[PDB]
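Fluorouracil bound to Bifunctional protein PyrR.
The chains referred to below are lettered A, B, ... by the order of the sequence lines, with proteins before strands, and numbering in each begins at 1. Indexing begins at 1, ligand by ligand and atom by atom, following the structure's order. Going by what the header records, the deposited coordinates were determined by X-ray crystallography, 2.6 Å. These numbers come from the heavy atoms of this one structure, side chains and all, not from hydrogens, waters or symmetry mates.
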6 protein chains.
Amino acid sequence: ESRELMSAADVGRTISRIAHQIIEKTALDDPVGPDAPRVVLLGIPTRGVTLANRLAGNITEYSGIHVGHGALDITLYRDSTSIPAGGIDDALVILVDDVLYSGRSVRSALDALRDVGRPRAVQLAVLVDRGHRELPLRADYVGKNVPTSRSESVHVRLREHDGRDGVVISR
Amino acid sequence: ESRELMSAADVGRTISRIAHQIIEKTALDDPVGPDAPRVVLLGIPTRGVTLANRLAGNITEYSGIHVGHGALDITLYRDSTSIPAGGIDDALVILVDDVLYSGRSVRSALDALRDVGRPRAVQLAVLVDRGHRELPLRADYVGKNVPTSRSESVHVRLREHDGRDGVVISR
Amino acid sequence: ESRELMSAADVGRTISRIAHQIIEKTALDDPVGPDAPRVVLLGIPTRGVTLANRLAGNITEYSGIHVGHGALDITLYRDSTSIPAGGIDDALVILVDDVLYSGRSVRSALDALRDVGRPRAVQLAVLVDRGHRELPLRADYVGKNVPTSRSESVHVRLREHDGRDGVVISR
Amino acid sequence: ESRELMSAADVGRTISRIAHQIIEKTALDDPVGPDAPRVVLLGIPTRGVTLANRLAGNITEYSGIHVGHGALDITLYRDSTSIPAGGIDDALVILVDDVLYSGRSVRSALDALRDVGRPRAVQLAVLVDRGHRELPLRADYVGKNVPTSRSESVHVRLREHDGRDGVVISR
Amino acid sequence: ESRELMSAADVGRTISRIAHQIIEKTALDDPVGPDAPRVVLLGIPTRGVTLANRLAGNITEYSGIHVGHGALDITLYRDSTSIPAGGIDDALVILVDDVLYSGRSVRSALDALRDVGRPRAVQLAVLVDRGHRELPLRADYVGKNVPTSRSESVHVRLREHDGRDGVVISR
Amino acid sequence: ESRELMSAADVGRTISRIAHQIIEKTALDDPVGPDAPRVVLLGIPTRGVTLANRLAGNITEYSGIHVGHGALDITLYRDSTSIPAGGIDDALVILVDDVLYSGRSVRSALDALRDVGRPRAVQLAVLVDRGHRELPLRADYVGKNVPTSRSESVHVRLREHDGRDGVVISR
Ligand SMILES: O=c1[nH]cc(F)c(=O)[nH]1
Ligand SMILES: O=c1[nH]cc(F)c(=O)[nH]1
Ligand SMILES: O=c1[nH]cc(F)c(=O)[nH]1
């Protein structure tokens, strides 16, 4: 059994709001001072990459600033990577995924990240937080908090990846 | 120069509340069973270890449950560990520290923790969150959120370690 | 399904009786002379440790004597150890577990013990003997002899560990 | 001061009774089945070997079944081995010694035994238990329980080994 | 022969005095800082470790301060080590032994200690100074100065080790 | 700024007293022997060497005995050496320095010494002890104990090294 949690319009509005939170919180709009570092969005393959790419698109549309974005493979970090020109050294890296659950993927991403470089800081953006974290990891940007039973599943859908925008829950 | 954020009485009341939050959230009080894992408090040296010991004491006094507690040395995980007998495999491990700052100490603790065993989940408790995180790490239990400038310093004082309970800020 | 072998009151009366047997059999309350060894309780994780801790407490209450007690990790002795101050050399060590079955856990304890020191003697106390030994090992103190089939399971519950006292058998 | 605890006739009656206990308890004359494994008697050198050999003779005389028997050297297991064809894997091994005292020799046999194979279970048979065990080890078959002071000695004599059957105590 | 230098009551009163000297001299009661460093007691195996543990208990009882305490093996430093979590860097380490003689054991401890970390300072506490030093090493805390000949031996007894507290001299 | 702690006459009187203490304590003028080892003074470069040399002269003047004396370089022993004919094996070695402070130089000397030979024993003589030791090292001969703040400096002057005898303190 399945049900719609977010419509295509819902996801659009939320992704847009997330993009503006990012702009607000990083001030990427400003002349990048000493204490205001360049932003890089790295998505967790593969739908996380889709989300990071769209966020990058939105931010460019709203601010005129082109933020670097890529992908961070975590296959070899569980108990192809693509980094923008300029790397991540002393940058603000925003890890991006579609769903935050136990948090174990994000920890893998943190591990993977240090084989790449040394960011000034790392943030996390997700479309959905479905709870039941198993590590003290939290998203800095959350599209929607979706309370779930352990037996339920949350399914994020993005146009470029799955054919439609939407979020569905099933049991 | 210097000023008091928490009195000894403040620290006492706050620690007692955290202990009850832990009891509430883990339900260590009711008969264990399949769905309630044993809880282990691991402190980050040294005041985190002090705080962990006090929390364990408080928890036993309020619930009658003896929680395992120890210390997690993180020296070889930056830039001797003490785990209660029976280990931490499939336990709910709560990392304990006095101050949450950048979060890098907590990350080191997670790394050290992974060379020790495989917990069911890991939570984090701190007396003070002074902001300025550089990782997407957040405490599940927080004594007090203390806004600070980077130039300021937070000094937690615990009786078993410093002769008195209290939290002071300096510049 | 499930059935009760011992009520909480049962467990209390029995643990108290065991405590007094130990005191009687070791004469630990008498003025320790040259030829009368100090008693050390080492529990096998985890409920054996709970049981060892409670017994030590009981012994102090009934005799005023504080016996050293700790835990003996046997994980690397099958397929962190905690030894009280003064160690176990020339001591009378009482291994404590909740259930005696095949006896292999106890034999592992004997192996683990031999990497710790050389006691004068080793005894064994258990809450329940459910039979079916596969080694010539027997307990010196037994809470209750419970005949069981190979298909049954024995579940000991102790207050400090599980919130309640009791022993149940299931099939 | 010397004194006789058991006459030759005593030893004879007692060894014969043990043989029948073994036959009864292992049902070795019945068809070897899942819960009825082949029996192997291994004596501890050297008089234990004599006793194991006698028991095998008696068992054959009473049941017509020839049980495998040999010796288990424990020299390299303290603080020449001879195994019957078919080994001891999944067998019921009965360790045999003349006197059970501290229990340390038997523990050595247990250690020595696992460098030989994996028995289904291990039992222990001794002619005399003189008490004062220093380990939680007990014999499954005991010829005679002989109370002794720490200063007394128990001496087993078997004909094939010493020239007579008998048991003597000295101080 | 043998003779008593200190009674159990003597040892208790003296150990208590040492504990207060340590508290006074380190100002352990005051907040850990530059002029009051964190204290760690490291005992020399084996009775030195027990004594360190006893001192820690006393200090806790008198001051409420829980001092780290452990053991420093000096086997590999002549002609099992246990360090509390957080190590000894910039700590005040107090080496503890039962008897100071030639001073060679203490020097080995000093060597072993720098393979562990870099303390702010190192002090020494002993129950007995038996004279005859062969190095310019002296204890900062001394229980009793006992004049002895080269042919005499001093035997310290601690309850957790020997059942009683006491100091005897023999020839 | 500065003030005089010891006049040239003071230093002369003190150095003379130290020489006689050495003679008294080592009995170097007596017919040597098994339990009376030859004395060797080794100074720490450079003013310590001057003091050792002056002491040797005094001892010779007062006793007629010529003690071997030299220098012990400690440059390679932190964080030209000259050893008298006959070496230091089984000798009584007296390390000599002008000022004893933290004691870290003296420990280096003990380390430097083990690369030279094996003395029967090692003593230490200094003109001034200004306190603030960071190790359990003490001088066996002390010219003068000078209480000082950590912010002060102690300056020893010897004629052969600096043109005059004296001790001055500055802040
Ligand atoms: O049902 C799903 N399968 C795989 C996915 F990645 C997802 O989001 N949802
Ligand atoms: O007196 C004895 N000597 C040797 C033995 F093996 C024994 O059992 N008794
Ligand atoms: O300035 C100084 N030079 C050399 C010294 F030995 C001293 O004490 N002070």
| query | Other chains near fluorouracil (ligand 1) with a heavy-atom separation under 4.0 Å: which ones? | reply | A
| request: Just need the protein heavy atom nearest to atom 6 (F) of fluorouracil (ligand 1), so name the residue and atom and give the distance. | output: A/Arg47 NH1, 3.1 Å
| query | Who's the nearest protein heavy-atom neighbour of atom 2 (C) of fluorouracil (ligand 1), and how far? | reply | A/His155 ND1, 3.1 Å
| field | atom 4 (C) of fluorouracil (ligand 1) touched by protein heavy atom at under 4.0 Å | value | no
| said: So if I count the atoms of fluorouracil (ligand 1) from 1 in the order they appear, which ones are less than 4.0 Å from some heavy atom of A/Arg157? | reply: 1 (O), 2 (C), 7 (C), 8 (O), 9 (N)
| If you take every non-hydrogen atom within 4.0 Å of fluorouracil (ligand 1), which residues does that pick out? | A/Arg47, A/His155, A/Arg157
Please produce the table of protein N or O atoms sitting under 3.5 Å from N or O atoms belonging to fluorouracil (ligand 1), one pair a line, distance to 0.1 Å.
unit_1	atom_1	unit_2	atom_2	d
fluorouracil (ligand 1)	1 (O)	A/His155	ND1	2.6
fluorouracil (ligand 1)	8 (O)	A/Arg47	NH1	2.9
fluorouracil (ligand 1)	9 (N)	A/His155	ND1	2.9
fluorouracil (ligand 1)	9 (N)	A/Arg157	NH2	2.9

